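One structure is given below, encoded as structure tokens.
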Amino acid sequence: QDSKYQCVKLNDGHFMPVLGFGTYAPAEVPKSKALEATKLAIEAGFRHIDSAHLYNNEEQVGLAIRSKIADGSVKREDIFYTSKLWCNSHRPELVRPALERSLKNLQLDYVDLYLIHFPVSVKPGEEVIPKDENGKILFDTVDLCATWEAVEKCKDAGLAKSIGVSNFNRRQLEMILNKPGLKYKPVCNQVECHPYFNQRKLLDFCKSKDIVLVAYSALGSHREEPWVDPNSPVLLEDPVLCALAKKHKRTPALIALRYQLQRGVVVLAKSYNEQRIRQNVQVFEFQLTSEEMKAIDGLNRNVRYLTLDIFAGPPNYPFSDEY
Ligand SMILES: NC(=O)c1ccc[n+]([C@@H]2O[C@H](COP(=O)([O-])OP(=O)(O)OC[C@H]3O[C@@H](n4cnc5c(N)ncnc54)[C@H](OP(=O)(O)O)[C@@H]3O)[C@@H](O)[C@H]2O)c1
Ligand SMILES: CC(=O)[C@H]1CC[C@H]2[C@@H]3CCC4=CC(=O)CC[C@]4(C)[C@H]3CC[C@]12C
């Protein structure tokens, strides 16, 4: 709304800040950078911090969070920290060890939110993306409902305050929602969402089920090759976003973030730049008109930056369905 500490009530009674700090950085960015950036994010007013085992940064992100708690800047209760279960630990018996491993790296006792990162399961082991000779990904067959049950036990244990999913399509959400003996609905579905891929149908569906849609790559993504097609249009270079930025005396990034806030979406924003980190929290300072929101709706162009198509094949690959 108008305060950078604004939150939304999740379906389990916990509260999530509507603006989150994204912590992923491309492989070529030195791992030391995550520490300072996360500290700066907290100093700027970010409270919701998003990471995952896959991002290989939890040790640094954890260090930053704990440093800010230690110096009195924030209390643990005011930080909303998200981790995610990777595809190599979908087997029910491997779920808790994965969360405990993340917690050990963070040196924290609980996460505020734990997500199933991506619905396609891969063979268990140290390698996050296991491959045979020939370079073919080794997939594993796991019942996602069984995975969910094990995630539910993590909430029972108090290791995760809230639980949810990421990169799930409508069918996959329904599979969890319709599961016999379901204990906890997912609080959220974290998916790619920006003016070029606005997710209207999935957003409406999540809302109908009391599931929050959390937008990742909301500024058009890190554009890291080969995960993102280098020939895809650059979101922040959009002429309409630029024109709206000029009208409001803001920036294209701020317009893209504000768009999500006004349509009921919780939005992430990654930056490792001091000026841009401070800039992003200014999203709460202005409002887009209904006419401008409509103009941004028009930017929709079916550009999905993160296809994760290396995981295409198994029926659980989520992006084949309409939504
Ligand atoms: N669940 C999933 O499967 C998944 C997938 C992708 C992402 N995520 C999460 O979502 C987060 C965000 O997505 P993302 O990493 O793809 O990046 P993003 O938030 O879409 O941002 C992309 C780029 O925008 C730049 N930027 C930030 N603020 C700006 C500003 N005010 N003006 C101009 N440029 C600005 C950043 O560069 P600088 O750093 O140089 O400022 C960044 O590289 C991730 O870090 C991760 O936490 C989750
Ligand atoms: C957050 C980001 O969008 C995710 C989506 C796809 C992910 C990548 C998928 C491929 C991959 C394989 C590895 O072994 C290291 C991590 C990486 C390099 C992943 C890092 C995080 C990525 C880039």
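Chain A uses the PDB entry numbers throughout; the residues present, in order, are 1-323. No hydrogens, no waters, no symmetry mates; every other heavy atom, side chains included, goes into these values. Whatever order the structure lists ligands and atoms in, that order sets their numbers, starting from 1.
The main partner of ligand 2 in this structure, judged by heavy-atom pairs under 4.5 Å and named as in the PDB entry, is Aldo-keto reductase family 1 member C1. This structure shows the drug at ligand 2 to be progesterone. Every atom of progesterone (ligand 2) with a heavy atom of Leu308 under 4.0 Å away is listed here by number and element: 5 (C), 6 (C). Protein heavy atom at the shortest distance from atom 15 (C) of progesterone (ligand 2) is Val128 CG2, 4.3 Å. Counting only non-hydrogen atoms, the residues of chain A annotated by UniProt as substrate-binding that lie closer than 4.0 Å to progesterone (ligand 2) amount to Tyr24, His222, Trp227. Residues of chain A that UniProt gives as binding NADP(+) and that have a heavy atom less than 4.0 Å from progesterone (ligand 2): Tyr24, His222. The PDB header gives the source organism of chain A as Homo sapiens. The protein atom (non-hydrogen) at minimum distance from atom 16 (C) of progesterone (ligand 2) is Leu54 CD1, 4.2 Å.
If you number the atoms of progesterone (ligand 2) from 1 as listed, the ones under 4.0 Å from a heavy atom of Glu127 come out as 14 (O). Using 4.0 Å as the cut-off, the other ligands and ions neighbouring progesterone (ligand 2) are ligand 1 (NADP nicotinamide-adenine-dinucleotide phosphate). At a 4.0 Å heavy-atom cut-off, progesterone (ligand 2) touches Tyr55 through the side chain alone. Residue-ligand proximity, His222 to progesterone (ligand 2), at heavy-atom distances under 4.0 Å covers atoms 2 (C), 3 (O).
By chain and number, the binding site of progesterone (ligand 2) (heavy atoms under 4.0 Å) reads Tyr24, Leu54, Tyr55, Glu127, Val128, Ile129, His222, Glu224, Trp227, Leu306, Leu308.
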Which N or O atoms of progesterone (ligand 2) sit under 3.5 Å from a protein N or O, and how far apart is each pair?
unit_1	atom_1	unit_2	atom_2	d
progesterone (ligand 2)	3 (O)	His222	NE2	2.9

